[PDB]
Chemist: 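Structure uploaded - fadrozole bound to Cytochrome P450 11B2, mitochondrial.
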Amino acid sequence: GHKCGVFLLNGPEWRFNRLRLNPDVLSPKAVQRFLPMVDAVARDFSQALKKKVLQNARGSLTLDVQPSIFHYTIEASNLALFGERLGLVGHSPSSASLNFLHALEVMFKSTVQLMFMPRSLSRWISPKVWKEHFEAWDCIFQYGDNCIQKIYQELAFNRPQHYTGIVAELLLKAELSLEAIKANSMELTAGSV
Amino acid sequence: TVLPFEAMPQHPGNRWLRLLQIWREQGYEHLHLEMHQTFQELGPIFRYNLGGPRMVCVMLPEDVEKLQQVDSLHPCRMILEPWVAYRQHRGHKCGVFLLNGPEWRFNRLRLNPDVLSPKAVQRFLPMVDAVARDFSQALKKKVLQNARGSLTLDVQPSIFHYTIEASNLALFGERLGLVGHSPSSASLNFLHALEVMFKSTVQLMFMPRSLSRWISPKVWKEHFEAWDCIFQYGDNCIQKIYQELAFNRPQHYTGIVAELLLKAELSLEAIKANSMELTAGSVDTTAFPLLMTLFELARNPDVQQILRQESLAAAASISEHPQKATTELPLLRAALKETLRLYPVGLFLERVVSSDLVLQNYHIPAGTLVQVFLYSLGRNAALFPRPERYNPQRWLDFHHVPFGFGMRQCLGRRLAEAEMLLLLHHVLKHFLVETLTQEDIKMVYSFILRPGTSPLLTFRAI
Ligand code: HEM
Ligand SMILES: N#Cc1ccc([C@H]2CCCc3cncn32)cc1
Ligand SMILES: N#Cc1ccc([C@H]2CCCc3cncn32)cc1
């Protein structure tokens, strides 16, 4: 019963959505506000690596950086988007963050398995892939739907003067319906990783 | 004038059809509601067909007062089969919560001075205060990491870990690492086991062991396995302290249990049993009321501002002497009572009557189990005008009995109060509590009464 965000829309619904999203997501003015938040996180990343690095006699650290990079993008995104700092740079992955990387992976995998046949074949030829596909999006939606509940409640009580992320500007303007803000808020939260 | 015990209205139900309803559903989560809607329809008092055994359910302060007059020297409450059974299966002694008679009284009189005595509270408050402070400091470090300077979360986990941290410090002088860090596997196992233990208590306590023996044999296995992990959390705690105090006696204060050990007026086995009850007993019963309070404050901004104002007022004097929190925060003490009026953790008081007595003008025969139902008592519109309204001032003036009464009334009462009192104190001086969730939280019975849902709270630092 959800609405589709811009990534999934065609026609006039799309344009109506997109034009209310540019100013706060894409514009040089938008950037000017969320870039210092992004920068803080990126500073934090390097600050955390350097600490771990200087603990070694050889002043180096050799690792798979994929895990920390993925958590970097989740942090910087959640900040820019939702004004929130999750503790995912220079600290372990949380079970929520890991469950979400995993769901996105499955979602994409299982996206490939369904994309290429019409619904009426996949229906009975691969029922367990639909069941799988939907469960990933359930997990995905739960995550992003967390962020929204948090900020939605926060904003019901005090409407800040300073900049606190992209979704705030969105809610505050209320140019878009709540369902629309939700759908797009989800796409950015899934898409930004 | 006085009427025969059988003149009393009867509860409609069966001890048998409820056996099965529990058998089937693996619980009895609506008990409180069902009991409430039975008082509505039958008046302040009714008997239940236990099938020979006599039980009466009452809801009036009038009737609590009558019941205390009949507390003997050895007030009895019903033997709680599954819990006692675990003690006999493992040969451990019983604690004050499970003892009756002379053995009860011997234990109780040697536990009051260090667990409940206001002298004791004066020694352990300042420790409790430290955990309460550590809790708001932790919250405020996180809150201030967010741009809107607020955190919106489910607090239940961290509330539960507070009551473990504080209890353990009050009790053992041990500061586990549990506030402003993550739950341990020892923590989550303990909480899990406590919950399982309550759950199974319900599944077993409504039918005799002869029946449950073969009706739910693995529910018994579940209960014991739960206790096993509970008695292993507690024993670990005691073995630590017992071996410290064998090697030297401190001259300063270092806990409720230590005082007991140093005095050795009770045998090691007796101390062991009681510490167990105190360790298991000081977690869920403190944490739920505390949670419930945060929620009523969250949904009564006005009552919260009064409380904060009186906590900013008392702020400097209290940090200077934490032991003063009891006398500088009466409005907050009241809110607690108000929380418990509405959300009484222990649903019932109960007495197996030593003497004939007369309630609501019926004859009550000796050896009758009289249960008092607090959910109804405190929701009795006629005694608490606008009962559905959260109003601490109500208590500023026998209507407050959620810890019980007489010699038997909760031994952890003053510890429970201090832990809730100090946490709220520090949350209020640092944060505004907020929710959009203004609709009532459905309570639920598994041995204790507890929120079924956990509301999403926002903590905004000022
Ligand atoms: C809000 C918190 C609490 C509430 C509402 C509560 C409630 C009660 C109630 C209703 C009783 C029945 C007493 C009677 O029948 O007269 C009781 C007894 C008891 N409680 Fe609590 N309790 C709380 C917290 C605690 C804590 C924190 C501890 C441990 C430190 C504890 C340990 C005990 C013990 C050992 C008894 C048995 C006392 C006896 O039979 O003499 N309780 N409590
Ligand atoms: N919902 C959603 C959602 C999840 C991931 C994306 C990602 C992955 C697909 C290609 C792409 C372009 N821009 C972002 N994306 C886009 C949307
Ligand atoms: N052992 C034990 C034990 C565990 C939990 C409790 C709790 C739950 C039952 C009602 C109550 C009153 N005071 C504390 N409690 C009491 C004893």
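To find a chain's letter, count down the sequence lines: the first is A, the second B. Numbering of chain A is taken from the PDB entry, so the residues present carry the numbers 124-316, in order. Using the PDB entry numbers, chain B covers 34-430, 438-502, in order. Part of the entry, not all of it, is on display, and contacts are counted within that displayed part. Start at 1 and go down the list; that is how both ligands and their atoms are numbered.
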Chemist: Could you point out every ligand or chain corresponding to fadrozole?
Modeler: ligands 2 and 3
Chemist: In this structure, which other chains have a heavy atom at a distance under 4.0 Å from fadrozole (ligand 3)?
Modeler: B
Chemist: What is the residue list for the binding site of fadrozole (ligand 3), using non-hydrogen contacts under 4.0 Å?
Modeler: B/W116, B/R120, B/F130, B/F231, B/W260, B/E310, B/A313, B/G314, B/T318, B/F487, B/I488
